[PDB]
J.: 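The following block contains the structure, expressed as C-alpha cells.
So you know, we letter chains A, B, ... as the sequences are listed, proteins then strands, and number each from 1. As a textbook-style caveat: the illustration shows part of the entry, and contacts are counted within that part alone. These values consider heavy atoms only, across backbone and side chains, with no hydrogens, waters or symmetry-generated copies. Technique stated in the header: electron microscopy, 3.4 Å.
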Amino acid sequence: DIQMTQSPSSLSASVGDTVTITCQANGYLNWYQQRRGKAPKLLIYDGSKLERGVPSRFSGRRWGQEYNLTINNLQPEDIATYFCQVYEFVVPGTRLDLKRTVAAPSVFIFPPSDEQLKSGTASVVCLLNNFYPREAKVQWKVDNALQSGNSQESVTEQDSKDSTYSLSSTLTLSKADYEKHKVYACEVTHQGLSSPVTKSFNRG
Amino acid sequence: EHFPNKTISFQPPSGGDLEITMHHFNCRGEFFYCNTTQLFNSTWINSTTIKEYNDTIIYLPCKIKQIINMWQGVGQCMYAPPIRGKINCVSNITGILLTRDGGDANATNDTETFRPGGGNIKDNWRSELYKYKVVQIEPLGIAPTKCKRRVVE
Amino acid sequence: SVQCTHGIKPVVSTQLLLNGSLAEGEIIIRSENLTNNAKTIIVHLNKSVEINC
Amino acid sequence: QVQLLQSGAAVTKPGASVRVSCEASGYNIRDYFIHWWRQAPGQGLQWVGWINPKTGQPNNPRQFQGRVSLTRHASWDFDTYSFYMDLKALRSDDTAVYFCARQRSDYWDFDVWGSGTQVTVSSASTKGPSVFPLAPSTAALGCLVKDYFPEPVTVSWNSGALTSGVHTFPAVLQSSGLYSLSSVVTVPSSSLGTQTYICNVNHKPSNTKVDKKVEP
Ligand SMILES: *[C@@H]1O[C@H](CO)[C@@H](O[C@@H]2O[C@H](CO)[C@@H](O[C@@H]3O[C@H](CO[C@H]4O[C@H](CO[C@H]5O[C@H](CO)[C@@H](O)[C@H](O)[C@@H]5O)[C@@H](O)[C@H](O[C@H]5O[C@H](CO)[C@@H](O)[C@H](O)[C@@H]5O)[C@@H]4O)[C@@H](O)[C@H](O[C@H]4O[C@H](CO)[C@@H](O)[C@H](O)[C@@H]4O)[C@@H]3O)[C@H](O)[C@H]2NC(C)=O)[C@H](O)[C@H]1NC(C)=O
Ligand SMILES: *[C@@H]1O[C@H](CO)[C@@H](O[C@@H]2O[C@H](CO)[C@@H](O)[C@H](O)[C@H]2NC(C)=O)[C@H](O)[C@H]1NC(C)=O
Ligand SMILES: *[C@@H]1O[C@H](CO)[C@@H](O[C@@H]2O[C@H](CO)[C@@H](O)[C@H](O)[C@H]2NC(C)=O)[C@H](O)[C@H]1NC(C)=O
Ligand SMILES: *[C@@H]1O[C@H](CO)[C@@H](O[C@@H]2O[C@H](CO)[C@@H](O)[C@H](O)[C@H]2NC(C)=O)[C@H](O)[C@H]1NC(C)=O
Ligand SMILES: *[C@@H]1O[C@H](CO)[C@@H](O[C@@H]2O[C@H](CO)[C@@H](O)[C@H](O)[C@H]2NC(C)=O)[C@H](O)[C@H]1NC(C)=O
Ligand SMILES: *[C@@H]1O[C@H](CO)[C@@H](O)[C@H](O)[C@H]1NC(C)=O
Ligand SMILES: *[C@@H]1O[C@H](CO)[C@@H](O)[C@H](O)[C@H]1NC(C)=O
Ligand SMILES: *[C@@H]1O[C@H](CO)[C@@H](O)[C@H](O)[C@H]1NC(C)=O
Ligand SMILES: *[C@@H]1O[C@H](CO)[C@@H](O)[C@H](O)[C@H]1NC(C)=O
C-alpha cells in the first residue's frame, strides 16, 4: 500500500545554484544519484541523514509526508538524475540541466546518397544542432503529409561549454515516394527560434 | 486485517537450501526433511461460499539425512548414526514461519503470496522469549521528608 | 514480575514451530515490520494441529 | 574494499537462457542481503529480487516468478561469494542493465552497487555494418553507420586526427533488429573542397574496420 510520487522531472538551474526536489512517500525513503548509464550512488538514507564520502551540499528535510532533497551551490558535475527510493518501489527520477541557454536551433538537411538507393534503402534525415531545451516537436511532411512511426529520434548529451543539445531525426520512406518528387522539408518549431527555420538543398 | 483489500494465497517455497525448502526436524537422532507442499498452496478469493468436503489425511513424503550441517558456518558438521528399529514421533504444530513475496508497482492484481520457511534459527526462540524482559533493581531511593537527623551534642 | 521463565524447549525446526506454547487469545501475526518483505512473519496459533511422523 | 564485481555483457537469442554473475569479496558477506535490480533502456530501476547469503532463499515479485532464479555459491570459508541470476525464457522486453546491489540496513539503503551487465536478446548475430556518406552542399557534415551488431562502433575522422565538434548520436535499435547511428562534425565552409575527410568505423565483435572518404 506504499504510494510515492516524484517532481515533474524537468528543471534547470545554473552553476552555483540551490535546487530542491520533493517526494511524497509513506515509508523509509532514500535519495540516490545516478549518472548516464552508471551504477547509482546513495546520497541520503532515512530522509535526511548524510552518507560518508558525500559532498556536504546535499541535505534532507523530513516534514509531514514530504521529503525534500536540497543541493546547494551546484557544480557542473552534479548534472545527473536523482530519485527517491522506498523498499521496493522506485520512481524514474528527475532530470537536471542548466537554464537560460535559450537559442535558435541550427537546421541541417541531408538527402540520401546515390549509393544508398542502389541497395534499395531510403533514409531521409533532418539534423538539429545547438538547441535548448531538449523537448522539441519534430514533424515530417511528405508534401504536407504527416509521417508517423517511420521516424527515429535521438538527442545528444549536453556539451561541456555551450551547454546546448543536438537532435537527429531519421525518417524512413519507401523508394517510390522519395524519387518521384523533388522538394522535401523537415520544419521544426522550437521555443528558442523566433521564426520557422527550414533548410533546403538544390540537386546539382 | 493487515492486508485489507487483497486475496491471500499460499505457495510452496521457491528455492534455497534443503533446510529451507523442506520442513526439517529431528526424531531420536534421525534428521527428517519433509516436503510439505500440500499444506501450503491454496487461494482465498472472497469466501463466497462454504465448501464442504470429506475427511482426508495429508501424507507428506520425507527424506532422511545423516551428514548434518545444522548451522551453516558456525556449528560443527555432524554425522548422525542410524537408529535401529522403527521411528515414530507425535508432535504439535504451534506456529508457522511465512515470508511475504515482494510486490510491484505497475500492476498488483489484489493478491499477496506467502511462502513458508525463511528466517534464521533465532526466530524459533523469539516465539518463546517475546513476553520477557530483564530489568535491574535500583533499591536506593531519595525523597524529601520533614525528619532531621538527631545531631549529637 | 517473575524470577525466571517457564519451560523452553530448544527444539530446532525450520518451517513449522514444534512442541511450542499455544497463544491465549487468538492467532497472532508478529513481524518487525509488516511492510518490509525482508522481515519474516511469525504466525502463532491458539490451537495445535498434531503432525504424526 | 567491498568490490561487487559484475560479469560482462551478454547477447543471446529469444527463448535462450543467460546467467549473469556477481562477485563479493571484501566484507562480512553473510550478514547483508543481496538484491538484484534491472534498468530498461532510458527508464528507472526495477526490482527483481533479493537472496539471503546464509540460506540462499530467494524472493521475487509476481511477474518475475517462475522465470528468474537467483543463486549463490560460497567459497571454502565463505570469504568470497558469487551470486548468479538465471533468467529463463528471455523475451523481447528483457534488454536491460542488471545490477547486484547490497542492502545495508533496515532502511533498504544500498551503499554499494555492481558495475552492471548489459543483457540483450535477439536474432541477427554479429555482422559487418554498412557505411553511408553524406554529400556536402561554418557548417556540419558526417557519416552514417547502419546494420551492425552488436554494440559498439566508434567513428573517427582523419584516422584519429580530428575530434573537435563531433556529435556522435546514441545508437537506435530499429524494427529490423540491427543497430544504426550518424556521426557528424562541424567544419568551416572554406575547408570544403580543399580538405580530405575520412570516417573510420571499428566494429570489434564483428572484426570489421571500414574507412570511407566523404566528397561532394
Ligand atoms: C515500519 O517502518 C516504517 C518506516 O518506513 C514506519 O513508519 C513510521 O510510522 C510511524 C507511526 O506509524 C510514524 O510516526 C508518526 O508520524 C506522524 C507524521 O509525522 C510527521 O508529522 C509530524 C507532525 O507534523 C504535522 O504537520 C505536518 C505538516 O507540516 C502534517 O503533514 C502531519 O500530518 C502533522 O499533522 C512531524 O512532527 C513528523 O516529524 C517527525 O520526524 C522529525 C525528524 O525525525 C522529528 O523531529 C519529529 O518529532 C517527528 O518525530 C513528521 O513530519 C505523526 O503525526 C505521528 O505522531 C502521532 O504519535 C505521536 C506519539 O504517539 C503523538 O504525539 C502525535 O500527536 C500523533 O498522535 C507519528 O509520530 C513515522 O513517521 C513513520 N516513519 C516513516 C519513515 O514513514 C513504521 O512505523 C514501521 N512499522 C512498525 C510496526 O514499526
Ligand atoms: C515436494 O513435492 C512436490 C510435489 O508434490 C515437488 O514438486 C514437483 O517438483 C518437480 C521437480 O522439478 C516438478 O517436475 C514437478 O512439476 C513438481 N510438481 C509435482 C506435482 O510433481 C517438489 O519439488 C518437492 N520438493 C522438493 C524440495 O523437491
Ligand atoms: C500438544 O497439544 C495438546 C493440545 O493442545 C496438549 O494436550 C494438552 O496439553 C496441556 C498443556 O497445557 C495439558 O494441560 C493437557 O492435559 C493436555 N491434554 C488435553 C486433553 O488438553 C499436549 O500436551 C501437547 N503436546 C506437547 C508435547 O506439548
Ligand atoms: C482461536 O482463535 C480464533 C481466532 O482466529 C478463534 O476463532 C473465533 O472463534 C469464535 C468463537 O466464539 C468465533 O465467534 C469467531 O468467529 C472466530 N474467529 C474467526 C476469525 O474465525 C477460536 O475460537 C480460538 N480458539 C480457541 C480454542 O481459543
Ligand atoms: C501415527 O502413526 C502410526 C502409524 O503410522 C499410528 O499407528 C497406527 O494408526 C493406524 C490408524 O488407522 C492404525 O490402523 C494402526 O493399527 C496403528 N498402529 C500401527 C502399528 O500401524 C498412530 O496412531 C499415529 N498417531 C496419531 C496421533 O495419528
Ligand atoms: C520542503 O517541502 C515542502 C513540502 O512539505 C515544500 O513546500 C517546500 O518547498 C520544500 N522546500 C523547502 C525549502 O521548504
Ligand atoms: C476493502 O474492503 C472493505 C471490506 O471488505 C470494503 O468495504 C472496501 O470497499 C474495500 N475497498 C477499499 C478501497 O477499502
Ligand atoms: C497446489 O500445488 C501447485 C503448486 O504450484 C498449484 O499450482 C496447484 O494449483 C495446487 N493444487 C494441486 C493439486 O497441485
Ligand atoms: C566441493 O565439492 C563439490 C562437489 O564435488 C563442489 O560442488 C564444491 O564446489 C567443492 N568445493 C566446496 C568449497 O564445497
J.: Could you peek at this structure and say which chain has the most contacts with chains A and D? A name from the PDB entry would do.
T.: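 Main partner, per contacts: Envelope glycoprotein gp120.
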J.: Okay, my options are GA101, ABBV-323, PGT121, 3BNC117. Which one is at chains A and D?
T.: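 The compound there is 3BNC117.
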J.: Could you check which other chains have a non-hydrogen atom under 4.5 Å from 3BNC117 (chains A and D)?
T.: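 By heavy atom, the other chains are B, C.
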J.: Any idea which chain of 3BNC117 (chains A and D) has the most heavy-atom pairs with chain B at under 4.5 Å?
T.: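 Most non-hydrogen pairs: chain D.
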J.: Enumerate residues of chain B lying within 4.5 Å of 3BNC117 (chains A and D), heavy atom to heavy atom.
T.: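 Using non-hydrogen atoms, the answer is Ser14(B), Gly15(B), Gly16(B), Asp17(B), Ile20(B), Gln72(B), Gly73(B), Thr99(B), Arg100(B), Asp101(B), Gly102(B), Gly103(B), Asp104(B), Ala105(B), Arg115(B), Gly118(B), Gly119(B).
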J.: I'm mapping the interface. Which residues of 3BNC117 (chains A and D) come within 4.5 Å of chain B, heavy atoms only?
T.: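 With heavy atoms under 4.5 Å, that gives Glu88(A), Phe89(A), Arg30(D), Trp47(D), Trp50(D), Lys54(D), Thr55(D), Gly56(D), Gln57(D), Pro58(D), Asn59(D), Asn60(D), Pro61(D), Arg62(D), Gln63(D), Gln65(D), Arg72(D), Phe78(D).
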